[PDB]
**Q** 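Hi! Got a PDB file here: rilpivirine bound to Reverse transcriptase/ribonuclease H.
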Amino acid sequence: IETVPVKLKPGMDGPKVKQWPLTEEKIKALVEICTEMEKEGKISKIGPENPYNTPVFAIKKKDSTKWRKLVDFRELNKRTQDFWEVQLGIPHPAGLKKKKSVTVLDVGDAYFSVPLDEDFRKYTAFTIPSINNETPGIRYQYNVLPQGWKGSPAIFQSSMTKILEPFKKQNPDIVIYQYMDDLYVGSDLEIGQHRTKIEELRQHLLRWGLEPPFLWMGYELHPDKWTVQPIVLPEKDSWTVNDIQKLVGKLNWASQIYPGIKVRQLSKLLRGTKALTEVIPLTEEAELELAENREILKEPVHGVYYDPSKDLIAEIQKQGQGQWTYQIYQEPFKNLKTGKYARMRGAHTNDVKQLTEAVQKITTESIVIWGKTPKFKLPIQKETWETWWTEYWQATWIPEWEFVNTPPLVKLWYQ
Amino acid sequence: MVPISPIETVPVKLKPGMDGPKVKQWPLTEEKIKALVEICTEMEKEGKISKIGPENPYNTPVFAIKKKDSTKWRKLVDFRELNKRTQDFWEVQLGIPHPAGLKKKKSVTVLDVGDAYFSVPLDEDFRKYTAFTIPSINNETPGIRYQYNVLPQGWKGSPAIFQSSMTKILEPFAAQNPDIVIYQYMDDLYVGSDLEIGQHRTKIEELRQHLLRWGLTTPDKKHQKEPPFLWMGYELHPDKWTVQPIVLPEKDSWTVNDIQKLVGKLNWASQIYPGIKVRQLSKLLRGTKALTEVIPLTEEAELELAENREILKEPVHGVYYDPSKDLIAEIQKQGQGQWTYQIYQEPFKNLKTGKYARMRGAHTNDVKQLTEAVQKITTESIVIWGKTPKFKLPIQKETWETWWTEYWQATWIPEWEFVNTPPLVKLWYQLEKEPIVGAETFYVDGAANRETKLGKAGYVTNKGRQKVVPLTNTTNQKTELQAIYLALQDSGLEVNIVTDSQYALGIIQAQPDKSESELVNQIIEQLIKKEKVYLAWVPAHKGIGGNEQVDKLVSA
Ligand SMILES: Cc1cc(/C=C/C#N)cc(C)c1Nc1ccnc(Nc2ccc(C#N)cc2)n1
Ligand SMILES: NCc1cccc(Br)c1
Ligand SMILES: [Mg+2]
């Protein structure tokens, strides 16, 4: 009810980010949402003395027909002070990633009850554009904590602890973690038990509020069933020349990760200039090198540790037939997590939808494990991604990304 | 008197840390000084400016310019320095409407709002920064000191503040009359409708009365400007639009700067004239920018100009947007990385046209370029119409399927249909996913000495075929490609090729059909002739037989 002082980083201006083009359907949805928000005092119209801007668009959350406004505060988030005044941070709960079920709740609506510092509001400016620029875009700024700004969970944090006090006291085994507009709630119960404690949790926030449009929904995760990817080699009875070349290639690649991988015995087997499809019997020496390589690959990689002072990088490879592989790391060859996807819903003829869903899943996994989002290296042309990703986005945060324009040879090794 | 609503002032600041201007007033002729004192006395009675005392420490220079072929001087306050110190504003005019997104109108009336412009007061705390001085006659008295009370012409903030003040005044009228459109440009309001002529003039008179609430008077003697409008390089008519006339000069010899404005006219023309091409004429501007240099036109640039002249021989027109109908976009390939398109809702009535040009790059293919053109049209269409058009594309459905399922990147194009108008985009070759049984296996290698730039490229095969070729003025990367080319040239219709070149695989896995490198083009030409090619990669320097033999032959 009383403002927290907020400033930008030293020697740093407000965002001046261009609004990207919006479809007719989204413009209309945003006009209706914002007209309602304005009557509720959440936002106010601004004049031309405010030169700042942040893009806005609209999404449909996963399994609903109602539009949600999303503001791309990425630039504002970079330029906003860091928030360590009461807390150096919320030490990321390492137990969250071991619950059998973790549900994600959109609690962003609760932020709208806290006024935003009067001197900072101008920096939250945004524009609803009009088709063909036929009328001036509608300019607003926030009067209350906006969804998607990093300061909102930080400023609301004291109020959140208090609302959850009774539920924490009564269900002490539950792990509750807040990231931006999301609440992650992890338990070890069976799904019906779980769904009912989740609904229990909702009650406390309807209770405190007295209505949140997207508080009812629940995205169900199972991090204990999260599968990984060690490096495995084929098991064959007949090896062709081609088979052995692919094996030596993969092993050469693995040797950058694992110290003692050897290929010299296997590379001997290629001696001669044989047809690619000719079967080569393995020598005893080769069989032994192969077996010892197999043993090495069954152990964890050496000297791999997460460093919170460094960014997480996520790489993704398109493997074909709806399958995607990805690795998360901070230093080359020191993977912190690898994985694979194939489940990509209603996207069997749409690569870009599949990739956009992959990005959101990987980002969710990153939040649960480390409490932050990775920087993606996307196997896609920038113009294709920028034109389409907002049509399949269902998350309330947005990660950073760059584009890969040269085909990686390592695709072959994660397949 | 009738009270009038005051116009809320916009608060204005200087940039952080800056003070206002303190610029010396230039000395003026007794003739100029007298003119300014008259102009300013009248402005002062009108309320636009006020005399100020000697405390105000700021100043901006004022000039008297002879309005050509008249004895009348006019006042110019030079705000360049204050503009450098004034804050940034939100500017709304950055995106101008495109005519092809406008809607048909029966009537469009123009209202003059030039007097409105100085009804707009200037923020009181900012006025001190607008101070200016009329010098006195013979410098024998203090100069007459004034400041502005209204937005000055030439001040950085006047356009945005005027536009936002007018928009706020007009908003209730527009909201409560959804059957009209209002657009402000310079000192005029344009009001369009589909109403019957009498209803339309009634809405006009109601808008005049609404504007009176703020004391804004509009000239009764209706505007001289009437449809058609010359606007922003277009000609707007009630139900059609076009670009203003495109005339290409006859010239015996062309300069850099001439070519720049030719390419200028042609780009402007390309939004309604189908098929305009500019690649060869833009090529003449490669690299150099000595604006008076004469450039001989290539035979290729002369042909392109000639074909453009033919296209521009006759006027064309665009139609306006009908929201009740779908948008269709049709694209054609033109050669040398050039693509042209038309957007329409009924056949043969284009809303607009356009072109897309290949990005500078080392290697390319038609499908990627087609894909990029589609995303550009998609994006432009969202801006103009708020929706994606349906596409008609010169690529078979099966070609597309094969491309995107096998390409190493994610890629997508929205709902589209094949149009069978050549030249068709197609896949010229596709590598095998598995080694070919019964095909000869070529192990290739090349290497070069980086000091002397001498090298070798060659192969050996499972049938004992061998070839090494000595090369001069070459690099490791060139020799690796040469070796692959030799294997393609000397093999049958089906071939397995084994290479250790990550560089060569990088290129081939990107599936170019055309390259900047003539060596890669030669490889592409060979690939097109084959029935099956399997390309295998192995790491270098490992004892890989076949590779290990021809590595020793070419690195010797
Ligand atoms: C952008 C714009 C420029 C001018 C005028 C600019 C100038 N000068 C006049 C108007 C009224 C508008 N605004 C809109 C909005 C929607 N449809 C239209 N259609 C439309 C506009 C003019 C003519 C004509 N003749 C026909 C249809 N105009
Ligand atoms: N150049 C005059 C003209 C007349 C009618 C329609 C169009 Br478009 C252009
Ligand atoms: Mg070599």
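Labels below follow one simple rule: chain letters A, B, ... track the order of the sequence lines, proteins then strands, and each chain is numbered from 1. In listed order, ligands and their atoms are each counted from 1. FYI, side chains are in, hydrogens and waters are out, and symmetry mates aren't considered; it's all heavy atoms of this structure.
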**Q** Mind telling me which parts of the structure correspond to rilpivirine?
**A** ligand 1
**Q** Mind listing the other chains that have a heavy atom within less than 4.0 Å of rilpivirine?
**A** A, B
**Q** Define the binding site of rilpivirine at 4.0 Å using heavy atoms, by chain and number.
**A** A:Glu134, B:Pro97, B:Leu102, B:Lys103, B:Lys105, B:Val108, B:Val181, B:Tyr183, B:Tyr190, B:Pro227, B:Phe229, B:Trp231, B:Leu236, B:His237, B:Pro238, B:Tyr320
**Q** Tell me, which protein residue and heavy-atom name are nearest atom 11 (C) of rilpivirine, and how many Å apart are they?
**A** B:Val181 CG2, 3.9 Å
**Q** What is the name of chain A as given in the entry?
**A** p51 RT
**Q** Tell me the protein heavy atom at minimum distance from atom 24 (C) of rilpivirine, and give that distance in Å.
**A** B:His237 O, 3.2 Å
**Q** Quick check on contacts: which atoms of rilpivirine are under 4.0 angstrom from a heavy atom of B:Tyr183?
**A** 1 (C), 2 (C), 3 (C), 4 (C), 10 (C), 12 (C), 13 (N)
**Q** Please list the nearest protein heavy atom to atom 9 (C) of rilpivirine with its residue and the distance rounded to 0.1 Å.
**A** B:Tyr190 CB, 3.5 Å
**Q** Would you mind checking which non-hydrogen protein atom is closest to atom 16 (C) of rilpivirine, with the distance to 0.1 Å?
**A** A:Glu134 OE1, 3.6 Å
**Q** For rilpivirine, which atoms, with element, lie under 4.0 Å from some heavy atom of B:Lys103?
**A** 17 (N), 18 (C), 19 (N), 20 (C), 27 (C)
**Q** Would you mind checking which non-hydrogen protein atom is closest to atom 7 (C) of rilpivirine, with the distance to 0.1 Å?
**A** B:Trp231 CD1, 3.1 Å
**Q** Specify the protein heavy atom at minimum distance from atom 28 (N) of rilpivirine: its residue, its atom name, and the distance to 0.1 Å.
**A** B:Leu102 CD2, 3.6 Å
